[PDB]
Enquirer: 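The structure that follows is given in the form of structure tokens.
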Amino acid sequence: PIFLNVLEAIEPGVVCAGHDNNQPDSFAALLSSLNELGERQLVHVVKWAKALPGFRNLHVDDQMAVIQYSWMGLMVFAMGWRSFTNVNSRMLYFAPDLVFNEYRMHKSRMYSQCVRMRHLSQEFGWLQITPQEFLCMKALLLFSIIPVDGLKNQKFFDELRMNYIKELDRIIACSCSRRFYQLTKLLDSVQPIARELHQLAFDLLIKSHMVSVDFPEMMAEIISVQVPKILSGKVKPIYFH
Ligand SMILES: C[C@]12CCC(=O)C[C@@H]1CC[C@@H]1[C@@H]2CC[C@]2(C)[C@@H](O)CC[C@@H]12
């Protein structure tokens, strides 16, 4: 069980957003705390990804690119799991100090995206996703979005992605065919959600000075340098189906 030993050992712990929960639920306050949470989670996503089996086989530039394209999906998938295990998924458990109820979903001006994130969260229950299946699926999501012109060493990426798909198939095997279809459909469903959030993030960065929404340093860098490559079609998700 070497592969799952590693995935369990490197899984990040709790990350707080730093939100002041006794101020009013304003658009600016909620979105600023979400941006701060993103900046804080990015630290952990980088350390997690660098410790994955085989990740250092990738060329160093492909290592940062793959993190910088897939962070949205990774973070939404993990938040869906937190919500499913914590508030059972009529709320969104972004962080222990940033839990969205319906009021916050409206004041954030993200209600429709939050609905879709809630549906993602509920699928962990409907499909009875095990912790091992969650861990393998999440690792795969790191290897599920790349430039259309390819990475600096695409061949090493294709081998690594192959091997993570094989590990997912092994966890299922330890009926099988139905399960694999269900899980790969679930993985595919993350990308349209992440794309809606990529669009929201970009639009909000552009008009941030006017809606009093603060963007941390690495969030502002990634949203203005990398996210527009996704929105303009230069970087695309790899779908199973
Ligand atoms: C990844 C984050 C923060 C981490 C998390 O749990 C999921 C959540 C999804 C919405 C993102 C948010 C970071 C800040 C963003 C990108 C806002 O700018 C717009 C949508 C927000």
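To match the PDB entry, the residue numbers of chain A are left as they are there, and the shown ones run 672-845, 852-918. Every number for a ligand or one of its atoms is a count from 1 in the order of the listing. For this deposited structure, the header notes the method as X-ray crystallography, 1.7 Å. Side chains are part of it too, since the values below use all heavy atoms of this structure and drop only hydrogens, waters and symmetry mates.
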Enquirer: Can you remind me what the drug at ligand 1 is called?
Expert: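 Answer: dihydrotestosterone.
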Enquirer: Would you mind finding the main macromolecule in contact with dihydrotestosterone and telling me what it's called in the PDB entry?
Expert: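 The largest share of contacts goes to Androgen receptor.
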Enquirer: Which of the atoms of dihydrotestosterone are close to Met750, meaning less than 4.0 Å from one of its heavy atoms?
Expert: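 Here the atoms of dihydrotestosterone in question are 6 (O).
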Enquirer: With respect to atom 20 (C) of dihydrotestosterone, which of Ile900, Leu701, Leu877 exhibits the smallest heavy-atom separation?
Expert: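 Among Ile900, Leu701, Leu877, the closest heavy atom to atom 20 (C) of dihydrotestosterone comes from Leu877.
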Enquirer: Could you find the nearest protein heavy atom to atom 11 (C) of dihydrotestosterone and give me its residue, atom name and distance?
Expert: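 The closest one turns out to be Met743 SD, 4.3 Å.
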Enquirer: Where is the nearest protein heavy atom to atom 7 (C) of dihydrotestosterone: which residue, which atom, and how far?
Expert: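 It is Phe765 CD2, 3.8 Å.
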Enquirer: Would you please determine whether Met896 falls within less than 4.0 Å of dihydrotestosterone on a heavy-atom basis?
Expert: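 Under 4.0 Å: yes for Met896.
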Enquirer: Of all UniProt domains in chain A, which one holds the largest number of residues in contact with dihydrotestosterone?
Expert: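 Chiefly UniProt domain NR LBD.
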Enquirer: Quick test: of every protein heavy atom, which one is nearest to atom 21 (C) of dihydrotestosterone, and how far off is it to 0.1 Å?
Expert: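 Nearest neighbour among protein heavy atoms for atom 21 (C) of dihydrotestosterone, to 0.1 Å: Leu705 CB, 4.5 Å.
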Enquirer: For the 3.5 Å polar cut-off, considering only N or O atoms, please tell me whether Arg753 and dihydrotestosterone meet it.
Expert: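 Yes; at least one N/O pair falls below 3.5 Å.
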Enquirer: In terms of residue, atom name and distance, what is the protein heavy atom nearest to atom 15 (C) of dihydrotestosterone?
Expert: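 Of the protein heavy atoms, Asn706 OD1, 3.8 Å lies nearest.
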Enquirer: Considering only the protein, which heavy-atom contact is closest to atom 4 (C) of dihydrotestosterone, and what is its distance?
Expert: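 Going atom by atom, the protein heavy atom closest to atom 4 (C) of dihydrotestosterone ends up being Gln712 OE1, 3.2 Å.
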Enquirer: Is atom 13 (C) of dihydrotestosterone close to the protein, meaning a heavy atom under 4.0 Å from it?
Expert: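 Under 4.0 Å from atom 13 (C) of dihydrotestosterone, at least one protein heavy atom found.
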Enquirer: Nearest to atom 1 (C) of dihydrotestosterone, what protein heavy atom do you find, and at what distance?
Expert: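 Answer, as residue, atom name and distance: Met746 SD, 3.7 Å.
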Enquirer: Can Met781 be said to touch dihydrotestosterone, with heavy atoms closer than 4.0 Å?
Expert: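 In this structure, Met781 fails to qualify as a contact of dihydrotestosterone - no heavy atom is under 4.0 Å.
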Enquirer: Which residues from other chains neighbour dihydrotestosterone at a non-hydrogen distance under 4.0 Å?
Expert: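 The heavy-atom cut-off picks out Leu702, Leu705, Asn706, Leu708, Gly709, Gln712, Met743, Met746, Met750, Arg753, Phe765, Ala878, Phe892, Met896.
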